[PDB]
Amino acid sequence: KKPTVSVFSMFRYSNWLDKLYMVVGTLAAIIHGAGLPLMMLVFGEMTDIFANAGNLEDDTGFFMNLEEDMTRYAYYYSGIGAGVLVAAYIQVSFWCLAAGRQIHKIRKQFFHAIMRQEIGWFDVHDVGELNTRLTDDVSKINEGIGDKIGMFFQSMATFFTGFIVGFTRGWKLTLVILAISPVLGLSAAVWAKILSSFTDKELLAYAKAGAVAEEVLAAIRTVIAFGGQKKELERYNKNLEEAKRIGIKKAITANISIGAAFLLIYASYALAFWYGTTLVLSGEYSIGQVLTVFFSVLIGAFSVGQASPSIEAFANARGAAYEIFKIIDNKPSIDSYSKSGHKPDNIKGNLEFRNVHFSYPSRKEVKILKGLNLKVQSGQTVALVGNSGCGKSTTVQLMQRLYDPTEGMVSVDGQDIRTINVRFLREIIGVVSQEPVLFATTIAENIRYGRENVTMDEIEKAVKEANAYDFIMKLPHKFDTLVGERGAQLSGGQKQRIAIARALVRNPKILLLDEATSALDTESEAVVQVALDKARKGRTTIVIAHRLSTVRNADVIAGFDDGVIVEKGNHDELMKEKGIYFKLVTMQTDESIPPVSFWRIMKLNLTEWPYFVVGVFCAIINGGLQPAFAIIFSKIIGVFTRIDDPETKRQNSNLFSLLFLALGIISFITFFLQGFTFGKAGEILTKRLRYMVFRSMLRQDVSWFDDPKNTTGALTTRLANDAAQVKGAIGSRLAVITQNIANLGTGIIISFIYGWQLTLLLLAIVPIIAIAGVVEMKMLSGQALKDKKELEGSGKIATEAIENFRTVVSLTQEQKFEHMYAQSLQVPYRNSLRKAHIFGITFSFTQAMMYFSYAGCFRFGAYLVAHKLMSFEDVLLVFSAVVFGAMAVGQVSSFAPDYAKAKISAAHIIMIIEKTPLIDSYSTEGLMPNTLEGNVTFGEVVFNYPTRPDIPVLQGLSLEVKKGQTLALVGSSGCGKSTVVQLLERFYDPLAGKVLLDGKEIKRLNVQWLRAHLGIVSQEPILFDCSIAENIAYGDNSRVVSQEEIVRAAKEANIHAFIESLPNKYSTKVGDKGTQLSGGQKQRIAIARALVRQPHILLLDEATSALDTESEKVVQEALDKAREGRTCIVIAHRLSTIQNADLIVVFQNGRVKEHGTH
Ligand SMILES: CC(=O)O[C@H]1C(=O)[C@@]2(C)[C@H]([C@H](OC(=O)c3ccccc3)[C@]3(O)C[C@H](OC(=O)[C@H](O)[C@@H](NC(=O)c4ccccc4)c4ccccc4)C(C)=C1C3(C)C)[C@]1(OC(C)=O)CO[C@@H]1C[C@@H]2O
Ligand SMILES: Nc1ncnc2c1ncn2[C@@H]1O[C@H](COP(=O)(O)OP(=O)(O)OP(=O)(O)O)[C@@H](O)[C@H]1O
């Protein structure tokens, strides 16, 4: 379990106004949450007074009273609307502002801490993790401290307010609904579990066939070489039959379970309202109280569930922020920002190392230094020589205060480096690295990085002394030319000379050189060397380099070995001692996817039309019942709004409740029918699409496969996951569209039948709510995209900084980098403030229009009832039939798996299916001559790989072999041997030239007919997850193979001497799940599989390159008989294995260099 930091440390950076924002936003969120159940209370009381005035009606004085007091209730609604408007605006705006400020401070402090850390801490964490953290986990913190906390508080406030308003009216109904609530919770949990697990269970069911699919797409070469498509396709089809069976069972079980859960919650609602009606008949409650309690408690209980995503967001926010807080709190051993320490002056430049012991913290168990003791006087030149990894780089890093030594001390002019502060020490010492890194900025700012207060004239003087004066003038924009990867790629020496200019502009007292000219060509090496030896004068320098010519003129050329100093002398002394230096001297000297339209996708499933017809006819009746639910609800509510004897009221109330239950039962059975039929249609669609796409993939040649855009993983994703969503485009899409259409139509029509004015007003005030919702979603998406695109600018600076941590630390420019990051953060800060304000406004308007809509609609309804245009029951009918219809439309649309993913999947699926290969495998259009002979010839054969068309893989190849003659094709891996094997198998058609079979080109022959006559054994013998008998029978596919042929093939391959050793001989299973076999045995079974077909031409491709000698002898024994009487092609990396070969051809980038005999 990942640790968390909790409240005491999560908020942390919050000064004054931040906590004020937090508290005000929380209070506003509480008000906003508590508003809604109060609006329900007003609804209940207004309904009660409407019924009271109606039964008073059931003369104009109390009608005027109705007008005025309903106007007062409209005022109540408008006041609630204004209050929730201001509360929502305040909550969203203040929480977003507080989160933005807090996260801005967090980002600044986190970058500052990362720049503060010592190199040692940086070396135990990879570079790639830090930037990905700084982006993603900071975004997660933004999610955690954003509006989510406000929404969580609003949800809890709704829960508590609903329960409180329920309990203050009547405890009986609240207790009944609360005791029913566990049933609703359990049913919702079941629905969530079954709905979520559906895809994972689908994957689990498919895994069986997916294993075979993955196996085939990894050995495509052999499959197409042996012509096994017409058998592996059928195996895949059988596994798909099994998958289809299990998927059908899963679909029916899941559908019936979901139907049962929905019927359960529906009956729970029905029972609760029936008990409410029974209480009403007893005279203890009124309609208003029952409506208020029921709706309030239900909405509170539903709202308490809405807080779960907020809780999860908070939890992952803490989990992400724990690492950041740990990193920032980590005080390093050496603090570059520390002002403490000595501040020396007039530094002469002497250096002293005494007993210096040091090891890398990453590899502490390995010791690098063994007590260095080095004396350097100011003024002269001291160089260090030695082998790679002998502490030279470690010595340089320790010199400039990067790693403190384990034991011993280093002093400058007799003063310890520990006493001196890090900043001044690093500023004094100048260092030149082996591989300079240049920032993506103009040369002017690159030089400016050396020091802040350097004048332009000083820059010019430094460049003149750095020999870069001449070359810079040739640049298009002189000293302001943009350089780096985006700028023109400068020469290798240009980077080195501008780096030495950057070092020299600081005018350092002590200079360090780490392989200055190691990675430079000689022409620029001479220039940079003369620059180095001109700049070396007047300063004390330490130089380490592999080339001894540069350090030949050094005053003291000290040797280095095993982290200790043994030999110390000059050129003459070193060359007279005949030590390590003398030996070194003597040895050196997505994309454009065209949409395919709904009609084509529907055509992909035209054959199963009866399933679609019954599904649509079931979806019509399923959808059209939500308005019926509304009608029955309004009728039962209005039952008590008329004056009659109690017994008739009880009778018809029970009748309506029973009708409600019966309609629920009908809904359950229709939902089961529709779900089952659509699921079966979709599964048949998926099975047929998988079969056809696998057929098409097996039909096309390898030119498709070699493309790296679509690898084995991509293809198996297409087969497994991509094709499973096609049923989202047709089927379920038709279901949701039809359901929504019927739900809107029935409600609109019945409302028009009952009352046209009120339904007109609703048809005018509901679309604006929907358009407000969609506008809010569009604004949110645009805001997120703009935020990411703007923050990419600061991310670029962050990446440029972190990846060059060594150089930026060495150049003590961390302050400048932080300052540059400051403004790049500052602009998005203002953008975030503006986005917070606009989001507050739009969310306030979205969440407020409902109350004003209620007020206006019910005012219009009251006016209508005032003059007996309609009845209150009709008002409730035309209100419910529209509002519940809209909510149901939204929810049903949410239920379905949208449409965009299905569309983008169907585009790929159709483009793959319709893709006709250049060389059609299944086509019978091809010449069928008699038995083949073996006169293979090549003329001017030219071919280019799809991956590397520019690289010459085949250019004018011309080789010849005759009947019954052994030829060899030796060469480096992938130099043409694979290409000629593939083209003989007809895997790649050469761009130019003719490959003649029996003196005639291989173009006019049918693919299977020509491929059936060749024998291919590759370097890695790939075997399939089946039996040994099946594997050997795979060798030929034109006819079945009996047991005796297998026996004689094994005897010829000599594997039979080992097959009997197996417990189950021929019946032994082979593969990963079976018994493991060695390389020699696998090669023997592979050559047996080659021989069983008995081709008259066979090719070997580096097969004997991975065989142990004991098994190699038996393999050669079998191959000596195999090659006798047959034409053989030999490819191998061993000269001994090709000694018996007669003819050899050597490939040179596809150009024949030497062909003929061995
Ligand atoms: C008077 C009236 O119509 O009231 C509504 C209703 O009040 C609300 C709250 C309903 C109601 O649903 C819930 O209470 C509910 C709660 C949690 C999870 C799922 C449902 C309703 O029960 C559910 C019912 O919805 C449906 O019938 C859907 O089409 C849904 N139904 C069933 O699955 C079902 C099957 C057999 C028996 C009863 C229902 C459906 C969803 C997807 C695919 C096919 C069908 C409706 C609109 C109502 C009630 C009755 C209160 C909601 O249901 C839907 C999906 O329409 C919840 O979200 C909507 C919003 C509606 O306003
Ligand atoms: N971060 C590190 N972790 C572990 N060992 C390291 C690390 N950095 C350097 N070393 C060690 O230092 C040596 C490599 O040093 P570096 O790459 O700077 O060049 P070098 O060996 O001095 O010479 P050259 O110029 O030929 O590369 C190796 O012995 C290596 O084990």
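Chain A residue numbers are taken from the PDB entry; in order, the displayed residues are 30-87, 100-630, 689-1257. As the structure lists them, so they are numbered: ligands from 1, and atoms in each ligand from 1. These numbers come from the heavy atoms of this one structure, side chains and all, not from hydrogens, waters or symmetry mates.
The molecule at ligand 1 is the drug named Taxol. The chain in largest contact with Taxol (ligand 1) bears the name, in the PDB entry, of ATP-dependent translocase ABCB1. In the structure, the transmembrane segments of chain A that UniProt numbers from the N terminus and that bring a heavy atom under 4.0 Å from Taxol (ligand 1) are 5, 6, 7, 8, 9, 12. Per UniProt, most contacting residues of chain A around Taxol (ligand 1) lie in the domain ABC transmembrane type-1 2.
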